Student: 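Shown below is the structure under consideration.
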Protein chains: 2
Amino acid sequence: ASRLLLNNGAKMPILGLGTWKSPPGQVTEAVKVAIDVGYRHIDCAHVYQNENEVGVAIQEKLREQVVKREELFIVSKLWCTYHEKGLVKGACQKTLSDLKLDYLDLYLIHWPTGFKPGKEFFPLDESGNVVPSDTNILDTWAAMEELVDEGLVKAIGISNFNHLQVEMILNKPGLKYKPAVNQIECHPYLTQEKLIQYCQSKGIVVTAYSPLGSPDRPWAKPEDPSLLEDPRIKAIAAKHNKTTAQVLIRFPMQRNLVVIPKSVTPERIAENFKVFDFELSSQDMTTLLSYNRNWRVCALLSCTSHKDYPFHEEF
Amino acid sequence: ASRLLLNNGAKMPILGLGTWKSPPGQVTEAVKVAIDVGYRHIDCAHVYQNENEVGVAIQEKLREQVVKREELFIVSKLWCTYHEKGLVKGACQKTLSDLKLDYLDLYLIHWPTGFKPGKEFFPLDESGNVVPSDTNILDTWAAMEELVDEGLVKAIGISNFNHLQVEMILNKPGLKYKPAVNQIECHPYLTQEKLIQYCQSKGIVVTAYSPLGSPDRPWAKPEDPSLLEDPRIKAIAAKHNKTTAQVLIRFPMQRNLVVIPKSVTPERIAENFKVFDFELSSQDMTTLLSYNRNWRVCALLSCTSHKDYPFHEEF
Ligand SMILES: NC(=O)c1ccc[n+]([C@@H]2O[C@H](COP(=O)([O-])OP(=O)(O)OC[C@H]3O[C@@H](n4cnc5c(N)ncnc54)[C@H](OP(=O)(O)O)[C@@H]3O)[C@@H](O)[C@H]2O)c1
Ligand SMILES: NC(=O)c1ccc[n+]([C@@H]2O[C@H](COP(=O)([O-])OP(=O)(O)OC[C@H]3O[C@@H](n4cnc5c(N)ncnc54)[C@H](OP(=O)(O)O)[C@@H]3O)[C@@H](O)[C@H]2O)c1
Ligand SMILES: NC(=O)[C@@H]1C[C@]2(NC(=O)NC2=O)c2cc(F)ccc2O1
Ligand SMILES: NC(=O)[C@@H]1C[C@]2(NC(=O)NC2=O)c2cc(F)ccc2O1
């Protein structure tokens with residue numbers, strides 16, 4: 001199955017290109033190659049600091065006629081700093097302006113944690129912790145529903161919301177629109193079994209980010225495990241004659257998740273796409289599921305003491 | 001959901017109206033009432049022999065501009081006797097003339113076991129066993145695929161096919177169209193766990209039939225079980241204040257199977273549609289799934305010796 005049906009009836013492609021860490025000059029050729037390769041799903045976000053450059057690529061392919069706008073699935077996110085109702089719309093409008101679009105297929109609240117409104121993405125205080133916003137999660141969803149009603153975003157989702165937080169959006173009195181997706185970190189070390197199960201039971205679509213363990217994350221330490229270099233998984237890639245990266249993408253796909261591997265390497269963007277012609281066995285699925293360490297790659301450490309920090313619960 | 005997504009773009013209505021056993025003297029009002037109520041999916045077959053009286057109901061509500069052909073999802077199936085590659089094309093046409101439709105949304109090969117061409121639906125040899133045709137299943141699949149190129153049917157599929165029979169069509173050399181749906185028997189007594197997951201893995205939608213156990217089946221014996229009377233199932237219903245039949249239709253929808261209950265009674269047709277306003281619990285589901293006793297209502301016993309009789313394989 002190449003696409004998942006969402007709540008709004010939209011068909012969301014099961015595989016997308018990640019743009020976090022993709023430098024400005026490199027993201028353009030990368031979005032282009034992706035599209036040429038077959039990727040019709042692209043993952044953006046304001047804090048990634050390259051949406052503008054990503055947009056130039058999509059514009060070039062539409063001009064070149066390789067794609068019609070209704071063939072791509074553009075996703076973006078609301079940074080924790082524009083959580084305050086009156087700031088939401090304006091932020092959506094900047095993402096659209098940069099990407100050079102009329103509407104976003106899906107717009108997500110980037111984190112359950114809202115930050116102090118300001119120029120800087122991470123308004124740190126005197127102890128290295130984030131200066132929290134006053135904002136409550138509900139008004140924000142309410143601010144997000146207004147975008148759908150205005151026809152600026154086809155769908156609205158959540159990202160990094162634990163099952164408790166998810167639940168409250170679901171029970172908010174007078175709810176108009178239901179979370180379409182909940183993009184969460186997921187790979188062999190963070191299998192997210194319970195949360196995936198909850199989201200799916202509530203009809204929400206789960207999108208796995210950092211599928212390859214995010215080798216390039218700024219804070220990586222040369223002592224942490226490395227999924228691309230885990231011998232046990234090289235073992236499985238052997239039997240399929242695919243790369244670990246290909247087996248690390250098939251994995252969430254077979255669990256029914258959208259996967260969004262990142263890469264600015266033309267050769268790799270293609271390698272990551274050839275994953276529709278093979279199947280990890282049931283035991284392969286079972287094997288990779290046992291590799292769980294509850295090991296997070298993106299844990300937003302500066303917000304461990306924020307009222308809405310998502311990761312203190314079991315899920 | 002309320003409409004599923006097929007491997008061709010289509011979205012198939014989650015609930016349909018069955019028409020096996022509905023006498024022609026009542027199938028027309030049956031369909032008409034169903035449409036009014038809100039059904040946009042009717043399940044038909046040539047062997048049901050009321051395909052003409054169904055067409056009338058369609059034709060009538062279409063002219064009253066109550067619904068558009070664009071909105072309906074009419075389904076029919078190829079009788080065992082037209083398995084010969086030459087007969088397919090015309091058998092389909094016969095269906096379109098009866099139903100008075102210019103194309104079908106989903107046409108299924110009723111059974112994996114074709115019989116000898118003739119005016120009889122069940123050509124019984126001396127011993128009451130039925131006479132088969134030396135036809136080749138992929139070849140029939142070939143004729144089905146041409147209905148799609150021809151523009152006659154929007155999608156094609158299979159019914160009563162085990163995993164080995166399906167898999168042989170998935171590997172067919174130069175396969176143009178792939179099984180959109182697999183209509184199989186499914187209810188608490190025959191839960192269909194292995195096949196159902198085999199299928200959903202292939203991106204093949206499943207359609208459960210005889211969802212209420214088929215109490216009207218000609219071959220019912222007093223000793224046989226009664227899903228609707230089952231006091232255990234009655235308890236789940238009781239809890240949700242809904243009724244057994246409603247519980248039983250909800251059952252497949254929470255497993256991602258479209259379900260097609262049959263009824264020629266306008267009161268039950270309305271009732272059976274009122275199943276989107278409640279939810280069976282994780283336990284209710286576990287409860288209902290454990291009732292399975294590998295009990296089948298449709299076993300095509302006259303074909304147990306047919307080269308292709310589907311029910312010898314585990315799944
Ligand atoms: N909503 C959120 O809160 C959230 C959080 C985190 C991430 N995300 C989304 O998820 C995306 C994916 O996560 P991620 O960027 O952290 O990391 P990732 O995709 O797991 O890993 C990216 C790294 O893997 C390399 N790589 C990619 N394909 C490869 C291949 N076939 N062989 C070898 N190396 C390969 C990349 O190299 P090159 O780039 O050099 O090719 C890059 O160093 C993000 O970009 C973002 O769009 C969303
Ligand atoms: N592909 C295949 O091989 C295949 C095989 C069998 C069936 N099917 C399809 O699946 C459909 C459903 O299966 P089925 O006909 O075997 O039987 P079913 O749907 O399990 O049950 C039909 C019986 O249930 C009764 N009923 C319906 N709604 C009811 C309600 N709310 N309360 C109480 N009784 C209710 C009907 O009575 P009234 O009509 O008198 O109300 C009838 O006696 C078929 O009609 C056909 O379209 C496909
Ligand atoms: N440590 C974290 O959890 C986040 C992860 C995260 N990446 C991502 O895609 N979403 C994020 O919020 C991110 C992105 C940045 F541009 C800067 C920091 C940053 O840290
Ligand atoms: N015993 C069986 O398996 C089938 C079931 C079946 N009902 C059904 O919907 N599809 C079938 O083929 C059926 C329908 C008939 F009109 C006549 C006989 C008949 O027997």
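Chain letters run A, B, ... following the sequence lines, proteins first, then strands; residues in each count from 1. When the header is checked for method, it gives X-ray crystallography, 2.8 Å. All values below were derived from every heavy atom in this structure, side-chain atoms included, with hydrogens, water molecules and symmetry-related copies excluded. For ligands, and for the atoms within them, numbers begin at 1 and follow the listed sequence.
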Student: Can you identify the drug or drug candidate present at ligand 3?
Tutor: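 It's listed as fidarestat.
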Student: Which macromolecule here is the main partner of fidarestat (ligand 3) by heavy-atom contacts, as listed in the PDB entry?
Tutor: aldose reductase
Student: What other chains come closer than 4.0 Å to fidarestat (ligand 3) by at least one heavy atom?
Tutor: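 Non-hydrogen contacts: A.
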Student: Which neighbouring residues and nucleotides define the binding site of fidarestat (ligand 3) at 4.0 Å (non-hydrogen atoms)?
Tutor: A/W20, A/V47, A/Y48, A/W79, A/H110, A/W111, A/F122, A/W219, A/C298, A/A299, A/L300
Student: Which UniProt-listed NADP(+)-binding residues of chain A does fidarestat (ligand 3) come close to, with any heavy atom under 4.0 Å?
Tutor: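 In chain A, UniProt binders with a non-hydrogen atom that close: A/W219.
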Student: Mind telling me the UniProt active-site residue of chain A nearest fidarestat (ligand 3), with the non-hydrogen distance to 1 Å?
Tutor: A/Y48, 3 Å
Student: Which atom of which residue carries a covalent bond to fidarestat (ligand 3), or is there none?
Tutor: none
Student: How does fidarestat (ligand 3) relate to the UniProt substrate site of chain A: which of those residues have a heavy atom under 4.0 Å from it?
Tutor: A/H110
